[PDB]
Chemist: 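Mind having a look at this structure? Questions to follow.
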There are 2 protein chains.
Amino acid sequence: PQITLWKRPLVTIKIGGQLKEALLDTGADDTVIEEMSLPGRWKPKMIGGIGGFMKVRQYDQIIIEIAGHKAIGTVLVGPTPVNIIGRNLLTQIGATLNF
Amino acid sequence: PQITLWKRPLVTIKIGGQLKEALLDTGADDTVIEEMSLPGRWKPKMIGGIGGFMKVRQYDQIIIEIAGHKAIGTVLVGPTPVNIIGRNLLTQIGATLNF
Ligand SMILES: CC(C)CN(C[C@@H](O)[C@H](Cc1ccccc1)NC(=O)O[C@H]1CCOC1)S(=O)(=O)c1ccc(N)cc1
Ligand SMILES: [Cl-]
Ligand SMILES: [Cl-]
Ligand SMILES: [Cl-]
Ligand code: NA
């Protein structure tokens, strides 16, 4: 698709068999999901945003579908205000910004 | 242009006579610039994201040139570590996210 930006660019994602809403965020280096169960071991990571830094759980090689496009990569889990799809997975679904 | 997302999507902007580097950010509702003076009236606002909230000054009807494209709208000013062009101005330059 071609998504305009008059409203938030919200899409459906599928992760761990569950459907969730997430924001396509070109200003986010990384993908961050609200609290949920994911398989495997996690690693620590600190990420920075508008309010400061915060700690998250880093899970690697997680299968995730984004607006129907399949991705497999790193998902951060933590107390984010909205689910965020960042550049690490936007590149995998072939997303570009155009003007 | 078409901008890929392997790297942060940074462009040059001109605001208040000043050249700055800014991130094209589909996850940001409004444009947020590092501390600088701007003309006219302002009112305070709180914006939220990763790490919590930041207090900003909201200036309306400000012109920015974004990669050569003029746009007018609200600009938030505060202690952001990165200048952010949000949806309110991305729409005006006809930016879309494509995949
Ligand atoms: C969290 C989203 C919903 C909203 N933010 C935009 C995001 O693109 C934000 C932009 C940013 C980059 C670097 C440092 C500081 C901020 N990146 C972000 O947090 O990257 C983290 C998440 C994972 O990867 C790393 S915002 O900055 O809070 C914000 C909120 C309101 C307005 N009006 C403007 C900006
Ligand atoms: Cl990844
Ligand atoms: Cl505006
Ligand atoms: Cl349009
Ligand atoms: Na004004």
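Lettering of chains proceeds alphabetically from A, tracking the sequence lines in order. Note that chain A carries the PDB entry numbering, so the residues on display, from first to last, are 1-99. In chain B, numbers come from the PDB entry; the residues present are 1-99, in order. Quick check of the header: X-ray crystallography, 1.2 Å. Every number for a ligand or one of its atoms is a count from 1 in the order of the listing.
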Chemist: Trying to figure out what ligand 1 is stuck to here - the chain with the largest number of contacts. What's it called in the PDB entry?
Modeler: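 Greatest contact count: Protease.
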Chemist: Not sure I'm reading this right - what drug is at ligand 1?
Modeler: amprenavir
Chemist: Report the chain letters of other chains having a non-hydrogen atom under 4.0 Å from amprenavir.
Modeler: A, B
Chemist: Would you mind running through amprenavir and noting each atom that sits below 4.0 Å from a heavy atom of B/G27?
Modeler: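 The atoms of amprenavir under 4.0 Å from a heavy atom of B/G27 are 2 (C), 3 (C), 4 (C).
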Chemist: Quick check: does B/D25 get an N/O under 3.5 Å from an N/O on amprenavir?
Modeler: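 B/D25 vs amprenavir: N/O contact under 3.5 Å present.
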Chemist: Just jot down the amprenavir atoms closer than 4.0 angstrom to any heavy atom of B/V82, in number order.
Modeler: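 What qualifies from amprenavir is 12 (C), 13 (C), 14 (C), 15 (C).
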Chemist: Within less than 4.0 angstrom of amprenavir, does A/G48 place any heavy atom?
Modeler: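 Heavy atoms of A/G48 do come under 4.0 Å of amprenavir.
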Chemist: Identify the closest protein heavy atom to atom 28 (O) of amprenavir: which residue and atom is it, and at what distance?
Modeler: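 Result for atom 28 (O) of amprenavir: A/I50 CG2, 3.0 Å.
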Chemist: Is the shortest N/O to N/O distance between A/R8 and amprenavir below 3.5 Å?
Modeler: no
Chemist: Name the residues that contact amprenavir at heavy-atom distances below 4.0 Å.
Modeler: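 The heavy-atom site around amprenavir is A/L23, A/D25, A/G27, A/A28, A/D29, A/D30, A/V32, A/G48, A/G49, A/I50, A/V82, A/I84, B/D25, B/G27, B/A28, B/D29, B/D30, B/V32, B/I47, B/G48, B/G49, B/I50, B/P81, B/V82, B/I84.
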